[PDB]
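Next up: a structure with meropenem (bound form).
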Amino acid sequence: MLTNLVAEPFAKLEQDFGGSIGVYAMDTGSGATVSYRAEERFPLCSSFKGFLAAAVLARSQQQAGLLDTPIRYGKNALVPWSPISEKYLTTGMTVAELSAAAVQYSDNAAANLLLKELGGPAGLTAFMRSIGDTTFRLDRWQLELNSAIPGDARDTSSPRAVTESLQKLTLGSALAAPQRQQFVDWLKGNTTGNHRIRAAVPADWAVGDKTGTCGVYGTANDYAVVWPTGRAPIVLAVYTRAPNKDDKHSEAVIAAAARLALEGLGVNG
Ligand SMILES: C[C@@H]1[C@H]([C@H](C=O)[C@@H](C)O)N=C(C(=O)O)[C@@H]1S[C@@H]1CN[C@H](C(=O)N(C)C)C1
């Protein structure tokens, strides 16, 4: 079949890193894939916020005024790493602005406000089930969901399910066309991923992504849609973890894993 037609040295990369690397990459033209630990669970960390914004967009298809609704919040809503929402504490922000901040700056207060609107972790999980993702689970609220405990399935997904859901939302039919392009535009505008998948992608190709970094257990990640010129887009996810709480994550390992995935698919970059 079309999985791992060309072998790549993922095992040496993760051994040098001192942990585990999980990769799934899909060439949406031919259906060829690269897969390494692709069905293992890894912590989502902040990467859940991309799917949160897609769930908001889905709701907006049946609530025409949702995106422009102004949301006010108190100082108690501001938690560490809320770089956009802290600048609008005294004014409020719209649902769309909160969604953009959650995707593009990983804004934590914004993500918490939107998670509340959707009915909490079970509400986001229900949205993912509604698009056919049976792997994703969000269980806790922010700044508890990033514990990344070895063997704990809470607040995890697999690289494969992340990629499959990302494809459905950005390129498939899970969102209506205007909402689909809005999701793509938010991902393209991300500011936090320059040293991850984007570092493996030539400058003349379009790319959108969402990052995550738990801060413990060498756990960090990135997922992306990439548009190489002259061929069909590629969807991919790269997740890492490591055995010890104080093990450090590595952005360079994520970029290197993305390069290996593109090489395995025969995409010249
Ligand atoms: C803290 C942000 C947030 C995160 C989600 O994973 C949640 C748990 O706060 N999202 C971020 C993302 O850029 O994705 C950033 S972590 C980034 C990697 N080192 C930087 C740093 O100063 N650290 C606290 C780790 C920024």
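One-based numbering along the sequence shown. No hydrogens, no waters, no symmetry mates; every other heavy atom, side chains included, goes into these values. Each ligand, and each atom within it, is numbered from 1 in the order the structure gives.
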Any idea which macromolecule meropenem (bound form) contacts most in this entry, and what the PDB entry calls it? Carbapenem-hydrolyzing beta-lactamase KPC
UniProt active site of chain A closest to meropenem (bound form), heavy atoms, to 1 Å: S46, 1 Å
Where does meropenem (bound form) share space with the UniProt beta-lactam-binding residues of chain A, that is, which have a heavy atom under 4.0 Å from it? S46, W81, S106, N108, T211, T213
Residue-ligand contact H249/meropenem (bound form), heavy atom below 4.0 Å: no
Can you find a protein heavy atom under 4.0 Å from atom 23 (N) of meropenem (bound form)? no
Nearest to atom 10 (N) of meropenem (bound form) by heavy atom, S106, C214, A148: which? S106
Scan the protein's non-hydrogen atoms and note whether one is under 4.0 Å from atom 8 (C) of meropenem (bound form). yes
Could you check whether any heavy atom of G212 sits closer than 4.0 Å to an atom of meropenem (bound form), since that is the contact criterion I want to use? yes
Report the part of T211 (side chain from C-beta onward, or backbone N, CA, C, O) that has a heavy atom under 4.0 Å from meropenem (bound form); answer both or neither where that applies. both
Under 3.5 Å: N/O of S46 near N/O of meropenem (bound form): yes
Sub-4.0 Å protein heavy atom near atom 19 (N) of meropenem (bound form): no
Other-chain residues near meropenem (bound form) (heavy atom, 4.0 Å): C45, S46, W81, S106, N108, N146, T192, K210, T211, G212, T213
Give a table of atom pairs where an N or O of meropenem (bound form) lies under 3.5 Å from a protein N or O.
{"residue": "meropenem (bound form)", "atom": "6 (O)", "partner": "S46", "partner atom": "N", "Å": "2.9"}
{"residue": "meropenem (bound form)", "atom": "6 (O)", "partner": "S46", "partner atom": "OG", "Å": "2.2"}
{"residue": "meropenem (bound form)", "atom": "6 (O)", "partner": "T213", "partner atom": "N", "Å": "2.8"}
{"residue": "meropenem (bound form)", "atom": "6 (O)", "partner": "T213", "partner atom": "O", "Å": "3.1"}
{"residue": "meropenem (bound form)", "atom": "9 (O)", "partner": "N108", "partner atom": "ND2", "Å": "2.9"}
{"residue": "meropenem (bound form)", "atom": "10 (N)", "partner": "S46", "partner atom": "OG", "Å": "2.9"}
{"residue": "meropenem (bound form)", "atom": "10 (N)", "partner": "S106", "partner atom": "OG", "Å": "2.7"}
{"residue": "meropenem (bound form)", "atom": "14 (O)", "partner": "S106", "partner atom": "OG", "Å": "3.3"}
{"residue": "meropenem (bound form)", "atom": "14 (O)", "partner": "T211", "partner atom": "OG1", "Å": "2.8"}

